[PDB]
Colleague: 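Consider the structure of DR hemagglutinin structural subunit with chloramphenicol bound.
Letters go in sequence order (proteins before strands), and every chain restarts at 1. The basis for the numbers below is simple: all heavy atoms, side chains too, and nothing from hydrogens, waters or symmetry mates. Indexing begins at 1, ligand by ligand and atom by atom, following the structure's order.
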Amino acid sequence: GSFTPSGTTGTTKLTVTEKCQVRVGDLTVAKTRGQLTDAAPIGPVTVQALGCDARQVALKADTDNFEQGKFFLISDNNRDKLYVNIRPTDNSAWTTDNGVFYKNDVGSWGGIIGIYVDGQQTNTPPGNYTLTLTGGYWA
Amino acid sequence: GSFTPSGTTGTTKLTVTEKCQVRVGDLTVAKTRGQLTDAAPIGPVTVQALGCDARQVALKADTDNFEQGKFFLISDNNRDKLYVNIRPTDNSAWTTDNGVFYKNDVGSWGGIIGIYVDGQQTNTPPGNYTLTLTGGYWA
Amino acid sequence: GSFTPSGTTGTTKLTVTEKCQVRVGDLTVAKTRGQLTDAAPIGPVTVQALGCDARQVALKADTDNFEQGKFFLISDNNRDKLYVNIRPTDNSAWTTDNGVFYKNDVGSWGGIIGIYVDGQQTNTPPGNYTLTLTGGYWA
Ligand SMILES: O=C(N[C@H](CO)[C@H](O)c1ccc([N+](=O)[O-])cc1)C(Cl)Cl
Ligand SMILES: O=C(N[C@H](CO)[C@H](O)c1ccc([N+](=O)[O-])cc1)C(Cl)Cl
Ligand SMILES: O=C(N[C@H](CO)[C@H](O)c1ccc([N+](=O)[O-])cc1)C(Cl)Cl
């Protein structure tokens with residue numbers, strides 16, 4: 001049960017707004033709180049492993065993004081949570097262990113990890129939410 | 001007189017330099033202090049509102065970017081100001097209220113907000129200057 | 001012996017990993033620690049000077065990136081160093097002076113500055129390393 005950081009970082013960002021939504025500057029991922037329905041896709045996270053034929057690929061969430069076996073995006077001020085489910089788009093088997101989401105089998109896996117809203121959270125306060133995931137391997 | 005944050009953030013950045021100017025890395029917006037003449041354009045800010053047929057679109061500047069009914073870009077160290085005027089490129093009417101720049105009429109407005117140097121400031125200390133504007137609505 | 005900041009900033013980033021390397025999200029510069037051999041290229045830094053016909057172009061490294069006439073990328077936590085050599089790809093002559101790398105002759109130089117691993121450092125701890133260089137002129 002140990003994660004070894006070894007890889008790069010993917011940052012999933014979402015700006016939550018009200019129905020009257022004012023987009024300023026370049027396009028970013030934004031949704032009204034009413035769109036935060038159960039299983040709503042937030043976005044994909046690409047994963048490409050190399051040199052892991054004998055290790056279990058893994059992603060570790062920043063400390064501020066997990067608690068009690070649950071993952072969540074966190075607001076800029078660290079106060080507000082948006083609970084999510086993390087799931088590879090393929091049929092591969094993974095396990096969650098204290099902020100770590102690791103593959104059950106060894107191998108240099110490449111694939112897409114989807115981030116989805118876990119439970120309708122249409123009362124989420126408007127703000128900027130982030131989930132940070134770092135590549136590495138588990139054992 | 002209340003701003004409700006609801007939208008994304010646009011960041012206007014400018015690096016001020018001397019006449020001998022050394023650009024390192026990728027292109028960014030940079031000017032010599034001698035170019036900071038009155039009404040000099042710093043750059044455009046896009047605004048695209050959705051679902052605001054019954055609200056007044058608004059942009060709020062970060063606390064560090066306004067004081068006394070005046071807006072300004074602020075240096076990285078929070079010390080130096082570059083006073084600017086904020087004005088939509090179209091003929092629409094807006095109002096300034098304590099760091100908030102709001103549209104006089106309701107509607108899902110889309111347009112360009114220009115950022116211009118307010119008063120010649122050719123003695124501005126070289127540094128990195130930023131103005132941050134967040135989308136939302138006023139009332 | 002004085003650097004005057006006047007120009008923009010170039011940030012050289014490198015993520016060091018183990019042999020089992022898990023890339024998450026968009027492509028960034030990453031190497032296994034085994035690739036950190038002597039003279040290994042980390043990446044180029046573009047420099048384009050304007051209005052410097054009578055000044056010596058210069059780049060100053062952030063305080064956290066130099067000590068004792070040596071430059072280094074520094075880990076996110078400020079603890080770990082990756083010593084590098086900084087060298088223009090052309091035949092021009094430069095001098096190092098306390099975190100400052102300046103050109104020996106005046107002129108509005110444009111060119112590429114290469115960043116190379118200085119001494120094999122294959123035991124470098126996995127992490128994110130950065131070197132920040134700001135444009136200006138020396139005298
Ligand atoms: O954002 C996602 N999906 C969309 C549907 O809204 C779509 O299925 C999709 C799948 C893959 C993809 N990719 O691989 O880049 C992008 C979008 C899920 Cl992976 Cl969270
Ligand atoms: O940067 C601006 N303007 C330039 C002139 O220097 C030009 O008028 C312009 C107008 C619109 C624009 N846009 O819509 O992206 C970009 C440049 C002003 Cl909007 Cl501040
Ligand atoms: O990254 C570098 N070099 C590569 C070799 O790995 C190559 O020589 C190169 C040279 C110039 C260049 N550029 O000008 O953008 C990019 C790569 C050195 Cl400049 Cl550090």
Colleague: Any idea which other chains have a non-hydrogen atom closer than 4.0 Å to chloramphenicol (ligand 3)?
Modeller: C
Colleague: Which of the listed options, C:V29, C:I112, C:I115, C:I42, holds the heavy atom that is closest to atom 14 (O) of chloramphenicol (ligand 3)?
Modeller: C:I112
Colleague: Suppose we measure from atom 3 (N) of chloramphenicol (ligand 3) to each protein heavy atom; which comes out shortest, and what is that distance?
Modeller: C:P41 CB, 4.3 Å
Colleague: Please state which protein non-hydrogen atom is closest to atom 17 (C) of chloramphenicol (ligand 3) and give its distance, to 0.1 Å?
Modeller: C:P44 CG, 4.5 Å
Colleague: Suppose I only count heavy atoms of C:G43 and a 4.0 Å limit; which atoms of chloramphenicol (ligand 3) are within that range?
Modeller: 1 (O), 20 (Cl)
Colleague: Is the shortest distance from atom 7 (C) of chloramphenicol (ligand 3) to a protein heavy atom below 4.0 Å?
Modeller: no
Colleague: May I ask whether atom 19 (Cl) of chloramphenicol (ligand 3) is less than 4.0 Å from at least one protein heavy atom?
Modeller: yes
Colleague: State which residues lie within 4.0 Å of chloramphenicol (ligand 3), judged on heavy atoms.
Modeller: C:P41, C:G43, C:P44, C:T89, C:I112, C:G114, C:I115, C:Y116
